[PDB]
Amino acid sequence: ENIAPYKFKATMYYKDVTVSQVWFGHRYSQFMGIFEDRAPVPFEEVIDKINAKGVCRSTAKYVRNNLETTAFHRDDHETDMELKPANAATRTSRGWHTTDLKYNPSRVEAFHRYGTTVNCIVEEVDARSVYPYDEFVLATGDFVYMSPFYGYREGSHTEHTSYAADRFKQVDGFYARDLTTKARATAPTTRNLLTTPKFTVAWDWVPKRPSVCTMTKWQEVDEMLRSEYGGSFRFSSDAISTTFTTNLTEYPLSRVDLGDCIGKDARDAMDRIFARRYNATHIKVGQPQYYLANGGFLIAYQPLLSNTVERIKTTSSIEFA
Amino acid sequence: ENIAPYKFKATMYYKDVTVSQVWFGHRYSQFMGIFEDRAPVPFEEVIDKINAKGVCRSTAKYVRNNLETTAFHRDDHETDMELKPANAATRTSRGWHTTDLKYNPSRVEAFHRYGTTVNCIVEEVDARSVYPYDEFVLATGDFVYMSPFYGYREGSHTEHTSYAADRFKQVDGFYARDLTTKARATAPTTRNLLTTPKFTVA
Amino acid sequence: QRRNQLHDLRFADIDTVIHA
Amino acid sequence: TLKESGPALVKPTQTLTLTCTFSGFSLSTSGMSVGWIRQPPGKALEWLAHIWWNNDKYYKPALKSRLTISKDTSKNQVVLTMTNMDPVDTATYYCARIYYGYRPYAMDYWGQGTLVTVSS
Amino acid sequence: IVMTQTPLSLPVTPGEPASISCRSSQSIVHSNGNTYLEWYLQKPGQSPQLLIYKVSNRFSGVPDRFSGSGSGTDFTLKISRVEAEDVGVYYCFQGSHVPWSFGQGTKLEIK
C-alpha cells in the first residue's frame, strides 16, 4: 500500500503585506499594532510579470474579508520590482523576494502613523497529496482545496475543487523562466495556477491516472517460487525469506483504485530482471499475473520455464510472512 | 542509531508585550484590536537584573520589524518588578512572571484608548536538537537556528550559527541564582545567551 | 515550523535598525 | 450547434463585436470550450481565441492586444471583440466547439461562419 | 509551434494515393504523452470538418481512405484511394500547446 503522499513541486506567489502602526513618543517609539497579511498574486501578474519579466508589482490587490484591498509598498506609487534570491538557509528550498526591509513610518512627534510594506515573495515549495487526492498541502502548512490533477483536458475537470472556477487558470504551453538564471525553459508544460485567498500556487499539471500509484513497488524478487496447496498459492522468496499466501484466483487489476501504475512498473522491473538473469536459461510463460496476499500484498508474478474498485490495505508487519 | 534528540535545559527570558486598543461606547466597551508581541530580554537585563537581583525591568526595549520598539508596562515610568512564580499547572515546568493582570485603558467616553502591558516572563523549558545539531527547538515550539554547542573555547565557534555574532554572549563563570529559593549556586558554569528576535534563550 | 520560523531570516533582515 | 453573428461591414479602425449562439450545450458545463477562428478569403485557417467554461480566455499572441472574448451564459452566447480593424481583417469568422474537455479532438461543431469586410 | 503544410497544392488523379506533410517548429508532443494534431477539410462554401485527430485516429463520419501518421515534428495525412469527393483544402492543426495554429493548407486537385 502506497502510504507515501504524492509529492510534487509547486511555487507559491504571494505578497507579504505588513501594515505597522507606530506611536512616536518624546524619547521613544512603540509599535501599537502590526497587521501582517498574505495576498495572492494575480494570474496576470504571475504570467506577464513574474514569469516573463522576472519582476513583480510594488502593490498587492486582493479580496480580504469581502473587500477589495490594495496595499502599496512604502505607501508610494506602484513600480515594478526585481525579484532577488532569498538569504541562504540550511536545508531550505529556493525562494525570492522583492523587498528586504520592513517599511515603518517616519517619526512625527506624538502621532500614530501607519506604514505599509509589500514584499512579493516567490517560493519553490514541496506540495503533497493523499488519496483521494482531492486536496494537497504545501510545505508552508497551507492546505489547497483542489485536486492536484484538476485541469481542462480529457475529464480532468471533474476532479474535486472547492474554489470558484474563476480562481483556477491552467496556462497551457508554459515557458518557465527561472528567477536566478533568468533563462526560459524550452519544453512547454501545462501550468495550473490557483489563487487562494492567501496566496497563489502554481504547479505543472499531470494526468492523475499515470501520476499516482496506490500500490508501491516494495520488493523485486528474482526467484519467487510459486506452489499450489490447500487451494491456495504460496509464493516463497528465499532472497528476502518471505512467504505469502494468496487465493488461487488472479486479482483483477481493474479493481485497484488508480492502478495503471502497477502493471507498468511490474512489467518494467520484470523485463529488466529477465534480461539480467533469465534470458539465457529460461523463457517467460504467459502474461504477468496478479495475486493478493494476506496482509495486503499485491504480487505480480511472471512464471518462467527452463529451456529443458477498492483500496488494498497493507499490514505494517511483515514478520508474519 | 541515536534517534533520540539531544535534550537539555534552556531558559527563555522574554517580555510579553500586549498593547490593546479599546473603544468605550455609551453603555459598553469594545476591543478594537489586541497587538501581542514577545520581546527578547537583553543580556544586561538577564545578567545584572534577573540573575543577580531576581527582578526584571517593567519596560521592553527591543528590535521589531527594523525598528527600535520601546514598550512601558502600564505606560508608566520604568520600574524593577519582582519575578513571582507562575500559577501552578499540572505537568508543566517552572515559570515566573512579573505582572499578573493585563492593563487595559481606563474608561473615557467615545474615545479609542491604547493600553500596554509588559509581562516579563522567565520560563525553564526543555530544548532539543537533532543531528547535525546546527539548530535546536524549545518546549514552546520556537526554533533556535544555532548549534547548542556554539561558544568561544577550542573550536566551539565553528559550529553553525544563523544569527549575527552580536546576538550571542557566552558568560563564562556564571553563578545561577534560583528565582524561587533566591539562592546563588556555588559551582560556575558556561552560560550561552542568545537573543533571538522574539525571546532570549540561555 | 522549522521553515516558517526561518521566514524573517530568509525574506527579511533581522538585524537592521532604521532610525530617523 | 453553434451560430456566429456579427456586422457584415465594419469601417477601418473600429471595434467589431460578434456573437455565437449555442445549442445542445451551455458554456457552464465542466469542460466546454468555445473558439473563434477567422479565414481570409483564399487563405488558410487562422485561429484567434478560445474561452473555457471558467472565463479562461486564450488568444493569438499576435492579435492578443486586440482580441477580447467574453462569455454570457445567461443568453448562452460568446462575444468576440476585435478593435482597430484593418482591411487585412476581412475574413470569414467561424465559431467552433472544443471537446478537449471530454475528447482528444477539438473543433468538432462549426458554425456556418459570418463574412466580414473591413472597408469604408 | 509553427505548422507548415506541404505541399500548398497537391493534384492527384482519382484512384491514386495522396500524401500531405506538415511540420511543426517544435515538438507537438504534450505533457499528457499524447500528440494533439488534427486534420481538417474545408470544402468550397462549407465549414471545415475534422478528419483525423491525435495523428492516427479518424473522427466519426470519415471514410477509411484517410489515415494519419507521423511523430515529433513531422506528420503526414495519407489517402490510400483518392476520390472525387476529397476535393477541398486540407489543414493540420496543433492543439497541444497554446497558442494553437493551422497549417497553410493544401488544395487537392483531381486530374
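Proteins get letters first, then strands, A, B, ... in listed order; numbering begins at 1 in each. Partial entry shown, contacts counted within. Note: hydrogens, waters and symmetry copies are ignored here, and every other heavy atom, side chains too, is used.
- Found at chains D and E is the drug HDIT101.
- Of all chains here, the one making more contacts with HDIT101 (chains D and E) than any other appears in UniProt as Envelope glycoprotein B.
- Other chains with one or more heavy atoms under 4.5 Å from any atom of HDIT101 (chains D and E): A.
- Restricting the count to heavy atoms under 4.5 Å, the chain of HDIT101 (chains D and E) most paired with chain A is chain D.
- The PDB records the biological source of chain A as Human alphaherpesvirus 1 strain F.
- Using a 4.5 Å heavy-atom threshold, the epitope on chain A for HDIT101 (chains D and E) is formed by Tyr150(A), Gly151(A), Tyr152(A), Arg153(A), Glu154(A), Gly155(A), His157(A), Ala165(A), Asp166(A), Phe168(A), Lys169(A), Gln170(A), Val171(A), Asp172(A), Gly173(A), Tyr175(A), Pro188(A), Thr189(A), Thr190(A), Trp205(A), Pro207(A).
- Listing residues of HDIT101 (chains D and E) within 4.5 Å of chain A (heavy atoms) gives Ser30(D), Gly31(D), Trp52(D), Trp53(D), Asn54(D), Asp56(D), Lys57(D), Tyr58(D), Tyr100(D), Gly101(D), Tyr102(D), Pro104(D), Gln26(E), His30(E), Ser31(E), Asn32(E), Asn34(E), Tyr36(E), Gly95(E), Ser96(E), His97(E), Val98(E), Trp100(E).
- The molecule name in the entry for chain D reads HDIT101 Fab heavy chain.
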